[PDB]
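Entry featuring fosfomycin (bound form).
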Amino acid sequence: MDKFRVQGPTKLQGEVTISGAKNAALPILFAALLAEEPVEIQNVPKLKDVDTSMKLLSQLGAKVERXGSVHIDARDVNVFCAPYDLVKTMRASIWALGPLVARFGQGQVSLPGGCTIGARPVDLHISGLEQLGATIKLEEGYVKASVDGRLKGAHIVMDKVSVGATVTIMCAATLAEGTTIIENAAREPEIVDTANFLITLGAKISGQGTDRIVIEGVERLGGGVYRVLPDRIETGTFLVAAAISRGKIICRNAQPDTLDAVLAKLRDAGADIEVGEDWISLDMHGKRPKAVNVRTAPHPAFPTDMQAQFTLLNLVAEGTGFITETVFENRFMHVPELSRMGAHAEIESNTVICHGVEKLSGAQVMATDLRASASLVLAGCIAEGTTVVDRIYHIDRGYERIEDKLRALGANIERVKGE
Ligand SMILES: CC(=O)N[C@H]1[C@@H](OP(=O)(O)OP(=O)(O)OC[C@H]2O[C@@H](n3ccc(=O)[nH]c3=O)[C@H](O)[C@@H]2O)O[C@H](CO)[C@@H](O)[C@@H]1O
Ligand SMILES: *[C@H](C)[C@H](O)P(=O)(O)O
């Protein structure tokens, strides 16, 4: 099992080109199960979850290939049970269910996996599909859905905001008979990107990006060419990397408007930020960041996917700052690991109270999920001495070539294999 050995401290500065969003590429790949003409998806990041999704789609009978772009021809899909091994390793696999039921009248998918940061039920996906007319039963761990004929449009008032369930309902509604209105819909940029991809195929959707999405079902979806938007979490991760190391960075192929909350908190931390049509620059002017208070919540509020990274920022910042996590109930595993590197923090229920220190010390650490693992690698870059982050395959799920990108910013990092 691979690890990253990092030698610190190193000031991270330079430039990085942001890859396509992990969390837009994934729902779009599964939405392609609805397409009855070939599709070309551009700017797809080379990530472990994308590899898993391509294999999963192939096992359903879709013809899939890639490089920068992924090409999919789902016209001959003929298997409606997703394979357990591919389903259980990530969260995105749940998105195979809705398209299979909407287009073929049936689908079976085991409960998903992915980030171990909460119980992560899928009750809202099930409830939404049931409201669209699907009959669903859970048996031996598989969610089995079916419908005789087409799904039927419905006015669905989500009783909890959910990125994934909004996607499931929106995608399935594109082939339903009639109009579907999703209330309390998640507004994330990836939902807007998935909607625009579906519209490219011929779907009729409006309201994406707002709390109310209206879908008018059509008989079938066609094909198209679509470019995935930039990864806002990767962008935020590199901006934090520059901030905590008192450096400067320019992120290219970025989309500033997907990061209003994050950029505002970085400015509160003392960063000098400028933005262009497709880039973001951050300069600390050699200064240590100032601690900030943060509360995660659904988009456009501060994203839970940037929470571990900002915990790190506060732990090396000037002063005390808190990080309140309201979206997931078990997303503080990075804290005890950063404490072993010399950080000072206390956890009070859903909030981490951070007291910034001047410098961290290298240590052997390990994170059990994607963003926590990336945060430990960033800590290693600025810590004094050697840090070894174990189980880094978690990072591969959401970052394309983080090693090369950090190295280009000045990091001393090596991927060590086999012990
Ligand atoms: C593959 C992907 O896109 N992953 C992202 C997606 O995950 P994901 O789609 O799983 O996020 P959700 O928004 O659905 O989850 C938010 C909250 O709702 C709860 N919930 C969710 C679904 C459901 O059926 N029932 C339920 O109770 C969750 O367990 C959590 O407490 O959005 C999260 C929140 O921005 C991100 O952190 C993930 O990186
Ligand atoms: C970590 C939360 C990842 O983004 P997911 O794919 O498991 O959601």
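The numbering of chain A matches the PDB entry: 1-419, in order. Each ligand, and each atom within it, is numbered from 1 in the order the structure gives.
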Item to complete: Name every ligand number or chain letter assigned to fosfomycin (bound form).
Response: ligand 2
Worksheet item: In this entry, what is the main binding partner of fosfomycin (bound form), named as in UniProt?
Response: UDP-N-acetylglucosamine 1-carboxyvinyltransferase
Discussion item. At less than 4.0 angstrom from any non-hydrogen atom of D49, what atoms of fosfomycin (bound form) do you find?
Written reply: 6 (O)
Worksheet item: Looking at fosfomycin (bound form), does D369 have a heavy atom less than 4.0 Å from it?
Response: no
Worksheet item: For atom 5 (P) of fosfomycin (bound form), which of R397, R331, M90, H394 has the closest heavy atom?
Response: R397
Discussion item. Could you tell me which organism the entry lists for chain A?
Written reply: Escherichia coli
Practice prompt. Using a 4.0 Å heavy-atom threshold (strictly under), name the region of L26 that reaches fosfomycin (bound form): side chain, backbone, both or neither.
Written response: neither
Worksheet entry | Shortest protein contact, atom 1 (C) of fosfomycin (bound form) (heavy atom only) | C115 SG, 1.8 Å
